Structures are given as C-alpha cells and as structure tokens.
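Note on naming: letters A, B, ... go to the chains in the order of the sequence lines (proteins, then strands), and numbering restarts at 1 for each one. For ligands, and for the atoms within them, numbers begin at 1 and follow the listed sequence.
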Amino acid sequence: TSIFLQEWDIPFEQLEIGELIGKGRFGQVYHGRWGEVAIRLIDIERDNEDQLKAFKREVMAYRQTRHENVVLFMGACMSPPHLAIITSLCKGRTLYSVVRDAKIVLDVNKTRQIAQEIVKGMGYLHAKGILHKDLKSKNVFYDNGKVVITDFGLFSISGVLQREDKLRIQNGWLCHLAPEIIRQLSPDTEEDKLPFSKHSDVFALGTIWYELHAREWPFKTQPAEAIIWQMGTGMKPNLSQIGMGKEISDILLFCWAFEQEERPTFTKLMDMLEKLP
Amino acid sequence: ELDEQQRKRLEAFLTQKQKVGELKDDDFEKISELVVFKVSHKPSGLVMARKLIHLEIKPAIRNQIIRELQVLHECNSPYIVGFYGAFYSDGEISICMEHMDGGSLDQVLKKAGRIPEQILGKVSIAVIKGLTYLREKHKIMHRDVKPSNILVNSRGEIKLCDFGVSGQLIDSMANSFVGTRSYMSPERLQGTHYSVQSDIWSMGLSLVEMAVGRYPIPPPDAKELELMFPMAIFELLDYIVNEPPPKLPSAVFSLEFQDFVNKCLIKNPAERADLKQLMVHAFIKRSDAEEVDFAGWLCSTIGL
Ligand SMILES: CC(=O)Nc1cccc(-n2c(=O)n(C3CC3)c(=O)c3c(Nc4ccc(I)cc4F)n(C)c(=O)c(C)c32)c1
Ligand SMILES: Nc1ncnc2c1ncn2[C@@H]1O[C@H](COP(=O)(O)OP(=O)(O)NP(=O)(O)O)[C@@H](O)[C@H]1O
Ligand SMILES: Nc1ncnc2c1ncn2[C@@H]1O[C@H](COP(=O)(O)OP(=O)(O)NP(=O)(O)O)[C@@H](O)[C@H]1O
Ligand SMILES: [Mg+2]
Ligand SMILES: [Mg+2]
C-alpha cells in the first residue's frame with residue numbers, strides 16, 4: 001500500500017522540483033535536481049486499491065532495467081493520493097521535433113541509424129517482458145546521435161482516454177495502433193484492457209519508420225473515423241511517392257503486416273535494418 | 001432563391017452588425033451552458049452564443065485562422081446562422097454567433113419521441129438551400145452535417161452551422177471525439193475524393209434518424225420496430241461501408257419521403273442525387289407548398 005524512496009538502489013537524500021517541462025495528458029512533468037532529473041507527478045483516487053498495487057505491479061518491474069537506449073528509471077515514491085515517477089532527464093530534443101524541423105537533414109543513412117537505436121532498446125524491454133504500449137516519436141529523444149526511449153509501460157495506468165459515450169482520440173495516436181487494437185476501440189475502451197502485445201509494439205515502430213522518411217505521420221490528411229476504418233481493413237501507405245527504394249518500403253510491409261504473426265520480432269527487425277544500402 | 005419577408009430580417013441582422021465593433025473576453029457574462037455557452041455582450045446588449053475551442057498553439061497560425069474565419073462576415077442567407085466576430089482569449093479561440101432559442105434538432109428529438117414527416121419536409125428544404133447557397137456562392141462544402149448542427153428557433157427559421165471555413169482550424173485542433181453515431185459518408189471513410197455529395201448522405205442519414213427516433217445502424221430487429229410504433233467503433237463504420245443503407249419503414253411514411261431518403265443514401269456518390277436534383281424531387285416540391293406552423297410545433301414540444 002506504500003512505496004518509499006528509501007526502497008531504491010539510487011541513494012536519495014533530497015529532491016528539488018523546478019519548472020514544468022511541457023504540457024501532457026498524463027500527470028505533470030517537472031524539471032528536478034537529485035544530478036538533474038525529470039519528475040512526473042501523478043494523482044490517483046485516495047482509496048482505489050486496484051489502481052494502486054497495479055501501479056506497484058509496474059514500477060518495480062522497472063527497477064530491474066538498465067540499458068543505454070532506455071531512459072533510466074530512478075525511483076517512484078508513492079504516498080497516496082500523490083504519486084511520482086522519477087527518471088533521468090533527457091538532454092536534447094524529442095524525435096518528434098527533430099523530424100519536423102526543416103533545418104535538420106535526415107538522409108537515408110541517418111534514418112536507418114536512428115531506427116536501429118530504438119529497436120535495440122525495444123528489444124531489451126521485450127527481453128525483460130516489458131511492453132511499451134505507447135511507443136512514438138514524442139517518446140523518443142535525440143541529442144546528436146544519442147537516442148533514448150521513454151514512457152514505457154505508463155499507458156496501462158495512464159487514463160488518457162477517461163464525453164458521454166464518446167472516446168477522445170488524440171492526433172497521431174490511431175496511426176500507431178496495430179489493426180487488432182483499432183478493431184476494438186469503443187467509448188467503453190479502457191487502457192487496462194486493450195490487447196497490447198509485442199506485435200503491437202513492432203507495428204508502432206513501423207509508424208516511426210514511415211515518419212522518419214516522410215517527415216510527417218501517415219494518414220495526415222484524414223479524420224479519425226476514416227483512419228479507423230482504413231486501418232481496420234488493412235489499408236496502408238507506402239513511400240514510393242517520395243522516391244524511396246524498395247528496401248525502405250519493405251520495412252513497412254513487414255512491420256505493418258495485417259496478421260500479427262507475420263511481423264518480425266525486434267531482433268529480426270534489427271537484422272532487416274542492417275541490410276539496407 | 002429570394003423572398004422579401006426574409007430579406008426583412010437578413011438586413012435587420014446587419015443593423016445589429018454595427019453594434020458589436022470588436023470583442024474580447026470581459027465583454028461577455030455567462031448565462032447558461034448548452035463546448036458553447038449562452039453569453040451577454042456588454043458594449044452591445046445582444047444575447048449571443050460563444051464557442052470555445054481549446055487550442056495550444058503558435059503565434060502566426062492564429063492570425064491566419066481568424067483571418068481565414070473572417071469569411072463568415074461575408075456569407076449571409078436565411079438558411080445559415082449569424083456570424084459576429086472571432087477572437088482569441090486565453091488558449092481558447094471563441095466564435096460568437098447568433099443564438100438559437102430551440103437548440104439542435106438532436107435536442108428536440110430527445111424531447112419529442114419522433115419528428116413528423118411534414119416538419120422534416122421543411123427541414124429538408126432548409127438544408128438543401130443552405131448547402132446550395134454555400135457551394136455556388138462561396139465554393140465551400142459543409143463537411144459535417146448532423147442533427148446536432150441544425151438549429152431552430154421559436155420564430156421559425158432552420159439554418160445550418162459548424163461548417164468548414166478554415167482549412168487550417170481543421171488541422172490544428174488536437175483531438176476529435178468518436179462515439180457510436182457516425183454521419184460520415186462511405187466515400188469519406190474510404191479516403192476517396194468527395195464533394196458536397198457527402199453532405200447529402202449526411203443529410204439523408206439524419207432524416208431517417210429523426211423520423212424513427214433512433215440512430216438506424218445497425219437496423220432494429222422486428223421486435224423493436226413493433227415497439228417504436230454493445231458495438232465497437234470499427235464494425236459500425238464497416239457496416240456503413242459494406243452493408244446496404246438504412247431505409248424508412250414502408251408502412252408509416254409517404255412514398256415521396258421514402259424515395260427522398262433512398263436517393264440521399266445511395267452508396268455510389270455519382271448515382272446519389274445532387275443538390276438541385278433534390279429540389280425538383282417530388283417530396284420537397286410537395287412539401288414546399290404546404291402550410292405548417294413550424295414555430296408552433298416547436299414551442300409546444302420543448303415548452304417555450
Ligand atoms: C476533417 C474534418 O472534416 N474536420 C472538420 C470538419 C468540419 C468542421 C470542423 N469544425 C467543427 O467540427 N466544428 C465543431 C466541433 C465543434 C466547428 O465548430 C468548426 C467551426 N466553427 C463554426 C463555424 C461556422 C459557424 I456560422 C459557427 C462555428 F462555431 N469552423 C469555423 C470550422 O471552420 C470548422 C472546420 C469546424 C472540423
Ligand atoms: N525525461 C524527460 N526529459 C526531458 N523532457 C521530458 C522527459 N519526459 C518528458 N519530457 C517532456 O515533458 C513533456 C510532457 O511529456 P509527456 O507527459 O510524456 O507528454 P507527451 O508524451 O510528450 N505527449 P502525450 O503523452 O501524447 O500526451 C513533453 O514536452 C516531453 O517532451
Ligand atoms: N448557437 C447555438 N444556439 C443554441 N444551442 C447551440 C448553439 N450552438 C451549439 N448549441 C448546442 O450546444 C450543444 C453542444 O454543441 P457542440 O459543441 O457543437 O457539440 P455537439 O453538437 O454535441 N457535436 P458537434 O457540434 O459536432 O461538436 C448542443 O446541444 C447544441 O445544440
Ligand atoms: Mg512523452
Ligand atoms: Mg456543433
């Protein structure tokens with residue numbers, strides 16, 4: 001029923017809380033000092049024992065993680081109703097912002113390199129039986145070659161879906177969801193109960209591979225309902241409209257494969273990205 | 001496309017035009033909620049409705065949305081609601097409008113049981129003239145026709161609202177709301193090129209819903225049709241695309257009405273009736289030349 005910060009392998013004396021880093025749908029995310037840190041303050045119902053040991057469920061799984069492509073989970077003190085998840089602070093910019101700045105060149109060699117980094121980290125999380133469930137370019141950080149995944153596992157305890165028989169759909173969420181997930185979104189959908197999987201995470205990587213080369217999300221033109229139906233029945237773009245070769249386009253056909261068992265694991269995907277020009 | 005008793009109040013709208021000048025927040029005092037609010041302007045005693053669209057977004061883009069929005073001062077007709085001004089205050093752009101005493105036709109439907117054919121006769125002309133006006137006078141299609149965006153008043157006018165003026169405002173709102181009642185045309189869900197034909201389908205679907213008192217997909221089983229007189233988003237949209245369209249029950253509605261909705265709900269947008277094909281249709285030429293006190297029907301059913 002309680003998590004203390006003395007329970008962690010990172011010796012902790014004091015924790016300073018600075019300015020808000022940015023807006024976001026899941027709690028608030030402040031600058032902090034410990035070394036410099038990133039603090040995410042989440043609030044929970046006072047007496048929802050289910051949500052809580054299901055949070056505790058998650059965090060000490062994270063206590064076993066350390067990998068150069070995965071943000072360093074540092075600690076999580078929990079004196080309900082106020083929670084906190086404390087991780088290393090990322091220098092540099094998010095992949096979302098880098099992709100959408102015209103002053104940065106993103107040649108085919110660089111995009112292969114960024115993608116292999118994300119894959120290595122995702123393979124580590126998968127190897128430890130941890131699903132990301134929200135892999136996307138706002139959750140990847142890029143500082144002159146250094147690439148770091150963040151926010152893995154949070155989506156289960158997130159509550160970002162929460163109107164009357166109306167599901168709230170953020171821009172760019174849907175085009176990451178593999179078809180098995182899209183086909184059951186409903187106004188009763190709970191983040192706890194969607195069928196995420198290792199295969200769903202590979203799909204979400206595919207969306208990032210599209211985004212690295214087109215420098216925008218797929219289905220940019222289209223409204224949410226059109227995206228749901230188009231992705232549910234298996235319709236997907238290629239990148240020949242911008243002169244990308246076959247190899248780059250084949251990556252998508254594998255990652256976005258309609259039947260899950262046809263998409264590669266991250267280990268196989270790591271090989272496929274090696275054999276590019 | 002002309003009448004003198006509606007040239008009367010178009011122009012008396014442009015006399016309350018001068019009274020507004022420019023607008024920002026503290027001019028307005030909230031009265032009640034209807035998200036949009038009932039407001040009371042202070043420099044000008046006009047009672048309006050104020051939209052709130054929460055957007056969290058750049059310098060240059062706002063200026064170019066509000067100036068893209070300024071097209072609504074120009075458009076004027078008895079089948080489109082009244083536009084006053086657009087400004088930005090506190091992370092939320094706010095469109096101020098003509099207020100409507102009766103509410104949306106979704107509003108009136110849930111209070112009534114069903115809506116009679118003779119009234120939705122007149123509703124149909126209001127929509128078809130509106131869409132015809134906007135296309136050939138401004139080269140814009142509505143893009144979002146549904147019962148909640150057709151508004152009515154105790155004076156007796158029916159006009160459309162919440163249509164697409166600003167190609168950017170579409171792009172800038174961060175998240176949409178997807179429920180169990182969809183009015184998107186089958187061609188729009190598949191990502192095919194579309195025209196005002198899509199707005200005609202949206203009209204057809206709204207009409208059958210209002211005539212029956214229930215959203216018509218999936219269609220009801222014989223047990224619920226007798227009475228009247230758990231589904232995931234994807235399979236509803238897939239129903240719209242692959243199963244045959246809904247139709248009114250053969251018993252209780254006239255042939256002219258049934259053929260009207262049937263032509264609006266044809267899947268192939270080329271075979272679907274176009275705007276003015278619909279205006280020479282038997283059902284609305286019959287309905288045009290009828291006397292129904294719309295104001296009286298409204299005030300007796302919602303109570304005002
Ligand atoms: C992909 C796609 O089709 N997007 C789309 C398609 C159609 C509509 C919208 N859109 C919308 O949905 N609303 C609804 C949600 C409240 C709007 O109010 C809305 C809006 N306001 C408004 C307009 C006119 C009058 I007279 C009063 C008003 F208040 N204007 C000015 C718009 O230009 C758009 C483009 C709006 C978005
Ligand atoms: N470890 C970190 N280092 C630096 N910035 C961070 C870190 N974690 C989060 N941020 C930033 O803090 C803000 C909020 O992050 P977050 O709450 O995950 O929202 P988001 O993932 O960017 N968008 P969304 O989850 O779809 O609502 C964003 O500006 C992030 O870039
Ligand atoms: N000018 C108006 N006068 C009276 N009621 C209005 C007016 N504008 C909106 N409403 C009502 O406000 C409520 C919410 O409208 P709105 O914010 O547009 O969402 P919605 O109608 O439920 N679906 P949508 O219009 O697509 O966002 C509905 O009950 C409308 O009838
Ligand atoms: Mg994030
Ligand atoms: Mg509306």
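The drug that appears at ligand 1 goes by the name trametinib. In this structure, the main binding partner of trametinib (ligand 1), as named in UniProt, is Dual specificity mitogen-activated protein kinase kinase 1.
Other chains making heavy-atom contacts shorter than 4.0 Å with trametinib (ligand 1): A, B. Closest UniProt active-site residue of chain B to trametinib (ligand 1), with heavy-atom distance to 1 Å: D144(B), 4 Å. Per UniProt, most contacting residues of chain B around trametinib (ligand 1) lie in the domain Protein kinase. The search for other ligands and ions under 4.0 Å from trametinib (ligand 1) returns ligand 3 (phosphoaminophosphonic acid-adenylate ester). The PDB entry identifies chain A by the name Kinase suppressor of Ras 2. Taking every heavy atom under 4.0 Å from trametinib (ligand 1), one finds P223(A), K51(B), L72(B), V81(B), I95(B), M97(B), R143(B), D144(B), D162(B), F163(B), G164(B), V165(B), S166(B), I170(B), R188(B).
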